[PDB]
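What follows is a single structure, written as C-alpha cells, with notes after it.
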Amino acid sequence: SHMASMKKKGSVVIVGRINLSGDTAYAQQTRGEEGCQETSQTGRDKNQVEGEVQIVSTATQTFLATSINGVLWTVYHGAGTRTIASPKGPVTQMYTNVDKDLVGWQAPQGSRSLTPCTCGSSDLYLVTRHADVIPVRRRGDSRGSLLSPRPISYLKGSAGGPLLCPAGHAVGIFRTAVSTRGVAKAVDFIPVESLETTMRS
Ligand SMILES: C=C[C@@H]1C[C@]1(NC(=O)[C@@H]1C[C@@H]2CN1C(=O)[C@H](C(C)(C)C)NC(=O)O[C@@H]1C[C@H]1CCCCCc1nc3ccc(OC)cc3nc1O2)C(=O)NS(=O)(=O)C1CC1
Ligand SMILES: [Zn+2]
C-alpha cells in the first residue's frame, strides 16, 4: 500500500481498426507501442476515429471493440472498469456488466455504428482481430459453431469483435472460444438483444 505511491491503471487505447468499408477486410494500425503507452497514461487521444470495429489495447492485452447503437462495446475480461482515451481525456464507462462480460463507452466521434439485427437469421460471420471473416452457424442465443475449426491462437485477441448477419447487421459481440485440446470448434457471444436490454438499463 502506502497511498503516496499507489499507481493508477491506464485507459484503454484505440490502436487501430478492422476496415470493413470496401470489398476487402483488413487490419490497420493507427498507433504503435510507445504512443499507446503514453496515451494510456494521459487518457488523451487526439487521433481521428473511423469505422465500426476498433482494435484496442491496455498495458497487458490487445482485443477488439465494436460500435452498435452509438455505444462502443467490448468485453469486461479485457477492459475491466477502465476508462477509454479520447480527445477530451479519459472517458468513463457508460455500461459495465461483469455478469455478461460486457462494457460500453459512448461511441467516439468519427466512429460508425452497426445496426442491431432484426432478421432472426442463423447464418453468421465472425470478424477477427486479423481481419479474417469466419463463417459461424448460430446454435443458440449465445453460441455459434465454426464451419471450419481453428486453433485457439487464431481467435486470441478477438473478444469484443462482432458477429454479423449476411446483410451486415450486428448479431453479437464475440466473448469466448470453446475449445478441446487447443482447437476452437464453437464460440460464445453476447447477443445484440442483450446489448439492447442493457441500453434500456
Ligand atoms: C481464444 C479467444 C477467446 C475469445 C477470448 N476470450 C477468452 O479468452 C475468455 C476470457 C475468459 C477465458 N476465455 C476463454 O476463451 C477460454 C480459453 C481457455 C482462454 C479459450 N475458454 C472458455 O472459457 O470456454 C468456456 C465455455 C466458456 C465458459 C466460461 C466463459 C467465461 C467467460 C468469461 N467471463 C468473464 C467474466 C468476468 C471476468 O472478469 C475479469 C472475466 C471473464 N473471463 C471469461 O473467460 C479472447 O480473445 N480474449 S482476449 O481478447 O484474448 C483478452 C483481452 C481480453
Ligand atoms: Zn440482420
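Chain A residue numbers are taken from the PDB entry; in order, the displayed residues are 981-1181. The figures here come from the full heavy-atom set of this structure, side chains too, leaving out hydrogens, waters and symmetry mates. Indexing begins at 1, ligand by ligand and atom by atom, following the structure's order.
Looking at ligand 1, the drug there is grazoprevir.
Taking a cut-off of under 4.0 Å to the non-hydrogen atoms of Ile1132, the atoms of grazoprevir (ligand 1) that pass are 1 (C). Close N/O approach between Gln1041 and grazoprevir (ligand 1) is not found [any backbone or side-chain N/O within under 3.5 Å].
For grazoprevir (ligand 1), the polar-atom distance check against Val1158 finds no nitrogen or oxygen pair separated by under 3.5 Å. Ranking protein heavy atoms by distance to atom 14 (C) of grazoprevir (ligand 1), first place goes to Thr1156 CB, 4.0 Å. At a 4.0 Å cut-off, at least one heavy atom of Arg1155 sits close enough to grazoprevir (ligand 1) to count as contact.
Considering backbone and side-chain atoms together, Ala1157 places an N or O closer than 3.5 Å to an N or O of grazoprevir (ligand 1). The binding-site residues for grazoprevir (ligand 1) (non-hydrogen atoms, 4.0 Å) are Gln1041, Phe1043, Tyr1056, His1057, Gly1058, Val1078, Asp1081, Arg1123, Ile1132, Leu1135, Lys1136, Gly1137, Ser1138, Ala1139, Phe1154, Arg1155, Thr1156, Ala1157, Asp1168.
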